[PDB]
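Entry with losartan: notes follow.
Residue numbers run from 1 in the order of the sequence given. When a ligand or atom number is given, it counts from 1 through the structure's own listing order. According to its header, the structure was obtained by X-ray crystallography, 2.3 Å.
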Amino acid sequence: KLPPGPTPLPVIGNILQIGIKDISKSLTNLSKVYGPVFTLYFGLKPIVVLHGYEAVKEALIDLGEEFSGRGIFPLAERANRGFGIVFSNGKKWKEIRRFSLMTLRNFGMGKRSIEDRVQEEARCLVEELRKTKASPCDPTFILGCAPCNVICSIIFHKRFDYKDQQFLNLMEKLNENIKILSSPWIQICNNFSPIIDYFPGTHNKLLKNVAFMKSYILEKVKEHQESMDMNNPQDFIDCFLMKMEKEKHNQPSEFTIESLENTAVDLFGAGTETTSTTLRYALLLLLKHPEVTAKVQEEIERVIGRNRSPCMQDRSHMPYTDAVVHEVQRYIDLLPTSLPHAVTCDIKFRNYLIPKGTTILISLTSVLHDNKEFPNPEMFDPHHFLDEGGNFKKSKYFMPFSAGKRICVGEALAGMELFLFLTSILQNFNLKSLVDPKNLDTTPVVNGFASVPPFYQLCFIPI
Ligand code: HEM
Ligand SMILES: CCCCc1nc(Cl)c(CO)n1Cc1ccc(-c2ccccc2-c2nn[nH]n2)cc1
Ligand SMILES: CCCCc1nc(Cl)c(CO)n1Cc1ccc(-c2ccccc2-c2nn[nH]n2)cc1
Ligand SMILES: CCCCc1nc(Cl)c(CO)n1Cc1ccc(-c2ccccc2-c2nn[nH]n2)cc1
Ligand SMILES: [K+]
């Protein structure tokens with residue numbers, strides 16, 4: 001059989017029992033009734049929900065391959081999103097993923113490392129923060145530019161100037177699509193309808209935005225072709241063309257110009273917003289707990305001092321910082337239900353039959369907020385990642401990037417941006433709150449499957 005669930009209604013399945021507002025709260029409530037594995041219907045569509053470390057680890061990790069499909073909804077084809085990495089399945093995905101993992105290796109693309117692209121961005125970021133002359137600031141935009149720029153430098157081999165028009169509207173489009181894609185109407189409700197697209201105009205703005213981005217990418221591709229150096233690949237495009245001019249005899253190939261721009265658009269989509277929000281929420285949390293910021297600053301001072309840029313080598317020497325960054329990710333739980341999975345064939349799971357192509361919802365929340373692994377899991381507290389001797393304490397339960405065969409492609413990259421951007425910020429600034437710390441609220445604003453910090457302002461005071 002399928003795993004037990006609330007018994008559906010005919011046709012609207014379980015829809016009107018789900019708290020649409022905070023899905024992860026609802027999934028957790030359900031697990032109190034039906035335990036760690038359970039089924040929900042979203043309009044005939046069966047969705048098995050995994051809750052808790054044990055359930056998640058066995059699916060994602062022990063049954064890795066079987067749990068490796070991307071769950072597909074109406075929106076997947078309504079915004080043409082199954083032709084890059086994030087929303088691909090089968091051979092197309094295996095190939096572009098394995099390729100993309102190779103290229104995004106630290107030395108994956110020539111003599112400039114990923115570290116060096118990030119280090120550069122950290123200096124520019126510190127610079128822009130100086131330019132605000134310690135005056136009150138919504139860091140939203142500035143923090144957003146840094147991750148967007150890292151993506152640009154990884155793909156086109158250039159960073160941009162933060163005022164370069166080509167950069168601003170590239171971010172605008174991305175920012176537009178992101179905000180749209182986070183509407184519950186779009187993310188959810190328009191998915192209760194298999195056939196009729198109920199937001200034509202919206203899907204249109206979505207795709208028009210993609211086209212702008214896709215066309216800009218093509219310009220850079222034509223430029224990369226004319227200036228090709230086979231022995232000197234320098235970014236993601238160079239690598240991709242070389243994989244092409246090499247698959248030329250395996251026609252037709254998973255690697256085409258079209259799969260390139262789609263992969264690029266994927267990386268811009270997956271690479272900016274979540275990193276950007278993670279930084280924005282890190283600063284919020286740092287303001288709220290200035291003792292925490294104080295300790296990071298001690299670590300920076302003692303390990304890196306005020307001369308050079310920080311660098312990834314430093315992290316092994318800065319367990320307290322490391323614990324902070326982890327604890328930020330853990331606490332804010334930005335993707336409460338990851339992205340959706342599908343099984344790749346039919347399988348028995350503990351005690352059930354799950355049919356090839358059935359949608360799987362992983363509850364990351366249940367893992368990040370395990371109250372035995374992380375006592376008081378709703379308090380922000382970097383001690384969740386420290387031993388009683390104050391060394392870094394790894395946790396199997398650290399899954400803000402998911403786990404298994406679909407684990408975030410930017411795990412190592414995001415981990416480097418957060419460390420370098422955070423340590424550079426605090427090396428060069430103290431953070432002044434407007435309101436008093438005691439009043440400021442840091443609890444996540446949840447909208448469906450989306451988690452976001454409260455609006456806030458602060459000042460970046462030089463040292
Ligand atoms: C804090 C920053 C980030 C977090 C917390 C994060 C988290 C996630 C999560 C939860 C997934 C879905 C995994 C699943 O399907 O089970 C995901 C997928 C992905 N992330 Fe990230 N991500 C971040 C940043 C990045 C960046 C910087 C890149 C740039 C390469 C990136 C590229 C991707 C890609 C390509 C996927 C899709 C993986 C696949 O389906 O094969 N992400 N990320
Ligand atoms: C018809 C083709 C036009 C596509 C389009 N490109 C851009 Cl750009 C605009 C700006 O609104 N638009 C139009 C657009 C119109 C309404 C929406 C919209 C906003 C809020 C709630 C529902 C809708 C919607 N989308 N489709 N029908 N109603 C979104 C985009
Ligand atoms: C100018 C283009 C802006 C980015 C964007 N707009 C569209 Cl539409 C696509 C296709 O999904 N994309 C690419 C896209 C790829 C992956 C995601 C994704 C990656 C990891 C975690 C969540 C997200 C997600 N998907 N939907 N909203 N946010 C977001 C956007
Ligand atoms: C085809 C792409 C899948 C996206 C999607 N469309 C609908 Cl509808 C569903 C609901 O099951 N879902 C599942 C879903 C889960 C998370 C997100 C998301 C987007 C941006 C930032 C965080 C999240 C997130 N991940 N887990 N919970 N919320 C979006 C959709
Ligand atoms: K319309």
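- Within the model, the positions assigned to losartan, copies included, correspond to ligands 2, 3 and 4.
- In this entry, more contacts with losartan (ligand 2) come from one chain than from any other, and the PDB entry calls that chain Cytochrome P450 2C9.
- Of the protein's non-hydrogen atoms, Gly201 CA, 4.5 Å is the one closest to atom 15 (C) of losartan (ligand 2).
- Using a 4.0 Å cut-off to heavy atoms of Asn204, the atoms of losartan (ligand 2) that qualify are 4 (C).
- At the shortest separation from atom 10 (C) of losartan (ligand 2) among protein heavy atoms lies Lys205 CE, 4.7 Å.
- The protein atom (non-hydrogen) at minimum distance from atom 21 (C) of losartan (ligand 2) is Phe199 CE2, 4.4 Å.
- Protein heavy atom at the shortest distance from atom 20 (C) of losartan (ligand 2) is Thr202 OG1, 4.9 Å.
- Between losartan (ligand 2) and the UniProt heme-binding residues of chain A, heavy-atom distances under 4.0 Å are seen for none.
- Proximity to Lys208 (heavy-atom distance under 4.0 Å) selects the following atoms of losartan (ligand 2): 8 (Cl).
- Other ligands and ions closer than 4.0 Å to losartan (ligand 2), given by number and name, are ligand 5 (potassium ion).
- In this deposit, the organism assigned to chain A is Homo sapiens.
- For atom 25 (N) of losartan (ligand 2), the nearest protein heavy atom is under 4.0 Å away.
- The binding site of losartan (ligand 2) (heavy atoms under 4.0 Å) is made of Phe199, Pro200, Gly201, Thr202, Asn204, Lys205, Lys208.
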